[PDB]
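Figure: structure with 4-hydroxytamoxifen.
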There are 2 protein chains.
Amino acid sequence: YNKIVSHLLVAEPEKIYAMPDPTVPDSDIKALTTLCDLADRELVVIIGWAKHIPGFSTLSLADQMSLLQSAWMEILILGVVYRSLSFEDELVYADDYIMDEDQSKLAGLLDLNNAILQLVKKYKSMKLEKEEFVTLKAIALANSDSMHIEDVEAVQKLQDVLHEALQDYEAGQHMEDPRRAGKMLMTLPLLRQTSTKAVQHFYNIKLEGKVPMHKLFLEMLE
Amino acid sequence: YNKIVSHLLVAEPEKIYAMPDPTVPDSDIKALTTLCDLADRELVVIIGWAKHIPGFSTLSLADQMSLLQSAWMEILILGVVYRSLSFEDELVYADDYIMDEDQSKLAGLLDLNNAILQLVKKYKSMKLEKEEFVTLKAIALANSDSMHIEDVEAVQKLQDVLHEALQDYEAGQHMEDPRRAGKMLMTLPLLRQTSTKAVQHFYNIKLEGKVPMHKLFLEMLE
Ligand SMILES: CC/C(=C(\c1ccc(O)cc1)c1ccc(OCCN(C)C)cc1)c1ccccc1
Ligand SMILES: CC/C(=C(\c1ccc(O)cc1)c1ccc(OCCN(C)C)cc1)c1ccccc1
């Protein structure tokens, strides 16, 4: 069994409850608040998680920040996708916050949650395993295509190392499909597309708040 | 040598000149007109090209249209990227229409053309070959993630067939890097991201015109 995959499995953060405020009337604002508060907590643990990825900490702080800046929404989305694989037309943002179509409509997230469900659909068909999920999260971080990378070569080595882990996993676990690793890689474009739209929506409705995201990753990394 | 790759090479369309109107004063409008007129001509030949891809014609007309609808901007962009690999900070839209930074600024395309140059940068480092380019164009078509596919399984078989061709090519041509096929696949997210932004920009400034894109692919396919 592949050691990087094993390591990523033990580095996996614990479940986080959303705790929607039971005193607040249901509304689009309440849904967005709940999601913002959930994501902020998730981002803190994502930063800690990334430090476990072999080679990530040896990048400059600027490069670590750049990768995180570019990847954070993909990592959040891949999480909700994975959590939702055993459900039907619903998204498990947390065990206590499962969004059906009516809820998504109410939150103004129909189009976005429908795209996320498209990711779910594909991964259900492919029978996405936890091992594959955690490896793809790490790959999405390393492959996030920041336009501000200092050490392009080191970031490529990190991509290489993680891709190798996925290939080695699939070679051992899935001999019935010698192309499964590539199929997994071919799911990344839809994740990127969905993230891109989610981030556009995030800025369009001003969820970023008073303090820029750049400084937030700084505080947490420094 | 891989037959699908060989076939794709012979299916490659001839060069198309942009023919910017020499009587028209240079302006953002002239640049956008030139690009619109270039793309429209390219789209006609792209539709003919897709018919050469093994299995594409045996899909329903609806599925052919769906793949084209979802992929067309990626295919256009991958073309300009490939045409630009031997240039520096300039995009070869056509032999007679090469956009430098000043031109992009003037056209309102700085951000978009900069993203396209990011694609170029990565492919230069990877030493992207024509064989790899034409194969990735076909993969981008098949992997374009339309939300309206009728025969999900047939579209997967098409993805499979093209992925197999890339893997077989790389296995024979690039034994020094057993992971090169996966590296090529890992370039697709940035293409998707760039296309997504280009399409958003395309609709934001109303370049679609009086007739919807759906009917355009119909006419040309029927
Ligand atoms: C898709 C749901 C979502 C977020 C989300 C996704 C996955 C997940 O596990 C948790 C949340 C989302 C919402 C807000 C957000 O902002 C965090 C920044 N702070 C400073 C508010 C990030 C993601 C969202 C994204 C954009 C607009 C509206 C909602
Ligand atoms: C990135 C350049 C570009 C186009 C382009 C890209 C590659 C290429 O080889 C040729 C052109 C572009 C521009 C217009 C366009 O519309 C075609 C639809 N008709 C009906 C006008 C498609 C692509 C463009 C895209 C969006 C907004 C503005 C410009």
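Here is the naming used below: chain letters follow the sequence lines, and residue numbers restart at 1 for every chain. Indexing begins at 1, ligand by ligand and atom by atom, following the structure's order. Because only heavy atoms are used, hydrogens play no part in the values below, and waters and symmetry mates are left out as well, while side chains stay in.
Location of 4-hydroxytamoxifen, all copies: ligands 1 and 2.
Bound to 4-hydroxytamoxifen (ligand 1) with the most contacts here is the chain that the PDB entry lists as Estrogen-related receptor gamma. Other chains making heavy-atom contacts shorter than 4.0 Å with 4-hydroxytamoxifen (ligand 1): A. In this structure, the binding site of 4-hydroxytamoxifen (ligand 1) at 4.0 Å (heavy atoms) is formed by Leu35(A), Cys36(A), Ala39(A), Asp40(A), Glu42(A), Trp72(A), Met73(A), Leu76(A), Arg83(A), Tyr93(A), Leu109(A), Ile116(A), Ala198(A), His201(A), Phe202(A), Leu207(A), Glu208(A), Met213(A).
Nearest protein heavy-atom neighbour of atom 10 (C) of 4-hydroxytamoxifen (ligand 1): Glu42(A) OE1, 3.3 Å. Checking only distances, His201(A) never comes within under 3.5 Å of 4-hydroxytamoxifen (ligand 1), N or O to N or O.
Between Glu208(A) and 4-hydroxytamoxifen (ligand 1), not a single N/O pair is under 3.5 Å apart. UniProt assigns most of the residues of chain A contacting 4-hydroxytamoxifen (ligand 1) to the domain NR LBD. Annotation for 4-hydroxytamoxifen (ligand 1): atoms under 4.0 Å from non-hydrogen atoms of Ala198(A) are 26 (C).
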